[PDB]
S.K.: 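Structure provided below as structure tokens; questions to follow.
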Amino acid sequence: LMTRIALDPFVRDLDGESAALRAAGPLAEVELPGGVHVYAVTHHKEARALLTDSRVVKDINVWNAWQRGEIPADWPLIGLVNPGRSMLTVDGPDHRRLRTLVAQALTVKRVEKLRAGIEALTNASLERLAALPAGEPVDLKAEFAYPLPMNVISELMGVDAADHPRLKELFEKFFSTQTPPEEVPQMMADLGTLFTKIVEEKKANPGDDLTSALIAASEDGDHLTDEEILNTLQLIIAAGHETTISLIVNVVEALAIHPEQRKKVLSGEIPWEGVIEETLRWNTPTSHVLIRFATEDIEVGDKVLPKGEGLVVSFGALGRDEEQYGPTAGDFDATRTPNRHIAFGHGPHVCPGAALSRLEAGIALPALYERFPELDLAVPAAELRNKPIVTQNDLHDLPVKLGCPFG
Ligand code: HEM
Ligand SMILES: C[C@]12CC[C@H]3[C@@H](CCC4=CC(=O)CC[C@@]43C)[C@@H]1CC[C@@H]2O
């Protein structure tokens, strides 16, 4: 086993961390912030295997370190490691019960119906740009990427829009490695009190949206506790806004660095669905997914994940496995045709909202470059920088000069 790798909480060099984990694969020793030792799978072939192995589980009571009360309650990463009972944290027969009404609501068919809505919100956001003074840089993150998927997923769950500025300011702190440990459990307090408030707004006045579809259904021949709903709602609002925002940003960043490919994208030669997929492989929004545990020793290539130890899937590292995609695994090629990446997961927990975000991004990007065909970065590509979020590949801002609307 190669030298232990300590995930930098300031994300000063993601591309090199990823390469190191690549080198230390298939299974690498890793240290999470606060000195917590866990292992990490960093190869494509082997990550598929562990994700479909029933010996690898989400029950934290299987974690040696947690049995032995070694994980501070004040830990910054506790939010991710132990978020409570939901689809995310259980397995096998118990899992299917919490997933099913959510997996049905986000199929290609049942999400096609939201398109009208997404075109609406995009075509608006575009109006608000250009409404800004031309010539002067704009943060494409704050003005376009952030609000769009939030609005969407708010609509989907029927969340009141007057809680947006408050939800923004809370998720900011949840993800930051530089949020002060004494501040943790009044942030989590207020998330809980925020989500409980709007769940009761829904019981009082049930709408057609998915929050209410969970409420009515539980009462008859299937499951769903008062807590399981509340936890399953946080999961859907968090996962479904964070990741997709980053996808959009990252697509825009990729086309900037690769302008020959951008030229062909804008002309139609390369279809947009190939750019979005390649961006997911090459520069996934989710660098690391937290937390599984071996029920017993598992062979992993020529190493062993010892029974009781934590496991991380390093999607960022494995997104450029040359064993999987050949010698060009390190480069953005939007035409890379057979492209069976796992940015969305594998086995039982694989993303149920893949089709939603593929849809949001496949509407919003071509809309933006139809309106602003000259749009390029306002800063050199190397000055762009990751926010301090160890699991996520999030940029701080994306300043661009729009360059006059040919819409
Ligand atoms: C670019 C966008 C996205 C990426 C890269 C992404 C990635 C992932 C990954 C890797 C997982 C697996 C978690 C694990 O195996 O431990 C996952 C699970 C999940 N994602 Fe996504 N996701 C995206 C968008 C969304 C959206 C839009 C929604 C909801 C509308 C969503 C909801 C979920 C849920 C509910 C789970 C848990 C499913 C389960 O545990 O069975 N995600 N996502
Ligand atoms: C844990 C969590 C649900 C699961 C989310 C997590 C944000 C990070 C994230 C990104 C993914 O790619 C999968 C879903 C996860 C792992 C969310 C933060 C709050 C919410 O309860």
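FYI, the numbering just counts along the sequence from 1. Whatever order the structure lists them in is the order used to number ligands and atoms, beginning at 1. The header says X-ray crystallography, 2.7 Å. The figures here come from the full heavy-atom set of this structure, side chains too, leaving out hydrogens, waters and symmetry mates.
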S.K.: Identify the compound at ligand 2, choosing among tetracaine, testosterone, famotidine.
M.R.: testosterone
S.K.: Could you tell me which macromolecule makes the most contacts with testosterone (ligand 2) here? Its name in the PDB entry would be great.
M.R.: Cytochrome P450
S.K.: What residues sit within 4.0 Å of testosterone (ligand 2), counting only heavy atoms?
M.R.: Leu88, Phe174, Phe175, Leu235, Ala238, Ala239, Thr243, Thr286
S.K.: Report any other ligands and ions found less than 4.0 Å from testosterone (ligand 2), or state none.
M.R.: ligand 1 (protoporphyrin IX containing FE)
